[PDB]
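So, a structure with gentamicin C1 in it.
Chain IDs: alphabetical, in sequence-line order. To match the PDB entry, the residue numbers of chain A are left as they are there, and the shown ones run 6-148. Chain B is numbered as in the PDB entry, which gives 6-148 for the residues shown. In each ligand, atom 1 is the first atom listed, and ligand 1 is the first ligand listed.
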Protein chains: 2
Amino acid sequence: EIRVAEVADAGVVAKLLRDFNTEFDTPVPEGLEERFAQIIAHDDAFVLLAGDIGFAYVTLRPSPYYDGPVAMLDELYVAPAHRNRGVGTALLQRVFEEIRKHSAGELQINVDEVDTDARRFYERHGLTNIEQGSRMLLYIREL
Amino acid sequence: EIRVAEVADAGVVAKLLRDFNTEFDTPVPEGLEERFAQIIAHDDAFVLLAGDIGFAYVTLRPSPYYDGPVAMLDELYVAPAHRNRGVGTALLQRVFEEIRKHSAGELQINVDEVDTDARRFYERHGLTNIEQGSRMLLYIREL
Ligand SMILES: CC(=O)NCCNC(=O)CCNC(=O)[C@H](O)C(C)(C)COP(=O)(O)OP(=O)(O)OC[C@H]1O[C@@H](n2cnc3c(N)ncnc32)[C@H](O)[C@@H]1OP(=O)(O)O
Ligand SMILES: CC(=O)NCCNC(=O)CCNC(=O)[C@H](O)C(C)(C)COP(=O)(O)OP(=O)(O)OC[C@H]1O[C@@H](n2cnc3c(N)ncnc32)[C@H](O)[C@@H]1OP(=O)(O)O
Ligand SMILES: CN[C@@H]1[C@@H](O)[C@@H](O[C@@H]2[C@@H](O)[C@H](O[C@H]3O[C@H]([C@@H](C)NC)CC[C@H]3N)[C@@H](N)C[C@H]2N)OC[C@]1(C)O
């Protein structure tokens, strides 16, 4: 079932994020668990857990366009053996439900162009890459 | 010079954002001044002003990857008569300075693909759309 993570669940969330990065051959910094414990307790952010096999990490930030925040689904992951059985759909549905309790004006998600399965999933569940007739790109600088 | 906006500057910020959205024929929400006054008073966002002719609006949000926030340059605009003279460069250099005071681990920016001149500007100043050989895309749902 989906539930909202408590501070004491930080270790499970961190493990799943580590698994996600390992799946993508990306090294992870130390301290994921300690940071997730802090974020879950104190910040305008939440984590949803599907048992111990999937999670969603959402941040809520201010926007002049809305009375409520703009939400970002910063991380969404289901463990590979549990995919294609509706877990990601359930997590994303619960994301929409939870951000609606905050009157969020919009949900954003960053995705690599090459991740066509994720893109297909998001496009089939109501998200779009198009604004004013153009694709939207994410630019970053790591610091 | 460039300055960090105060609550008293909400009117000038709101005017500039209205002008930006009018130029690009994108919608303008009601209540921009009052919302900016609220946003500027809080700890997780700031606006930089170049006189009354340009602005940067930055939000800060938590990440498990860093002790500091992830910053997002949600809006960057210079009035048309003042472009191509280095104002945008100065604003972006002050964005990096200010987010360094917060120990931000990354800067992110949403950029329409069609905005080729803005994209050249960001690439010239150290931002990248590429991660592991793939372009990064933004997906949204308005709510
Ligand atoms: C090539 C490439 O890109 N590789 C990427 C490899 N790794 C990653 O990207 C890592 C991160 N990604 C993830 O962790 C996971 O991918 C995700 C992104 C979180 C997804 O989480 P789940 O797999 O749990 O999601 P789901 O099961 O809820 O839905 C997924 C698909 O299941 C089928 N389905 C489910 N329910 C039903 C139903 N009731 N009726 C009919 N069909 C159904 C349907 O076909 C659907 O596909 P469609 O997208 O709607 O067309
Ligand atoms: C978060 C967010 O909202 N992101 C979107 C960015 N916002 C916009 O697109 C709104 C409209 N544009 C501006 O608001 C401002 O123009 C910018 C984008 C902040 C830059 O400010 P400046 O004009 O002050 O720049 P600059 O003088 O420091 O450096 C000069 C270099 O700017 C580029 N440049 C000049 N003129 C335009 C132009 N009309 N359109 C697009 N690019 C332009 C060009 O690349 C030039 O380079 P080149 O010489 O032609 O090679
Ligand atoms: C409806 N969603 C948008 C979101 O995608 C996001 O839009 C960005 C927004 O942060 C920012 O938009 C500005 O730049 C846009 C222009 C330069 N391209 C048309 C015009 C609208 C103007 N507000 C640009 N960085 C790119 C634009 N797609 O932020 C505002 C929003 C209302 O939440």
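One finds gentamicin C1 in this structure at ligand 3. What binds gentamicin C1 most in this entry is, by the naming of the PDB entry, Aminoglycoside N-acetyltransferase AAC(3)-XI. At a heavy-atom cut-off of 4.0 Å, other chains contacting gentamicin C1: A, B.
Counting heavy atoms within 4.0 Å, the binding site of gentamicin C1 comprises A/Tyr70, A/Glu111, A/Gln113, A/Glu136, A/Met141, B/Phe25, B/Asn26, B/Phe29, B/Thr31, B/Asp79, B/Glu80, B/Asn115, B/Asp117, B/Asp120, B/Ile145, B/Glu147. Here the heavy atom of the protein found nearest to atom 13 (C) of gentamicin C1 is B/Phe25 CZ, 3.2 Å.
Heavy-atom proximity to B/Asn26, at under 4.0 Å, picks out these atoms of gentamicin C1: 21 (C), 22 (C), 23 (N).
Entry annotation: the source organism of chain B is Corynebacterium striatum. Residue contacts with gentamicin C1: B/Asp79 is placed with a nitrogen or oxygen under 3.5 Å of a nitrogen or oxygen of the ligand (distance criterion only). Residue B/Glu80 has at least one heavy-atom neighbour below 4.0 Å for each of these atoms of gentamicin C1: 11 (C), 12 (O), 13 (C), 22 (C), 23 (N). Near A/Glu111, the atoms of gentamicin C1 lying under 4.0 angstrom from a non-hydrogen atom of the residue are 1 (C), 2 (N), 3 (C), 4 (C), 5 (O), 31 (C), 32 (C), 33 (O). Ligand-side atoms of gentamicin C1 in range of B/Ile145: 1 (C), 2 (N), range being under 4.0 angstrom from any heavy atom. Those atoms of gentamicin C1 that come under 4.0 Å of a heavy atom in B/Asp120, given as number and element, are 16 (C), 17 (C), 18 (N), 19 (C). If you number the atoms of gentamicin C1 from 1 as listed, the ones under 4.0 Å from a heavy atom of A/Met141 come out as 5 (O).
Per-residue contacts place A/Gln113 under 4.0 angstrom from the following atoms of gentamicin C1 (heavy atoms of the residue considered): 4 (C), 33 (O). Atom 30 (C) of gentamicin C1 has A/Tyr70 CE1, 3.9 Å as its closest protein atom, hydrogens excluded (heavy atom only). In terms of polar-atom proximity, defined here as any N/O pair under 3.5 Å, B/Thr31 makes no such contact with gentamicin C1.
Listed by number with element, the atoms of gentamicin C1 under 4.0 angstrom from any heavy atom of B/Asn115 are 4 (C), 5 (O), 6 (C), 7 (O), 8 (C), 24 (C), 25 (N), 26 (C), 27 (C), 28 (N).
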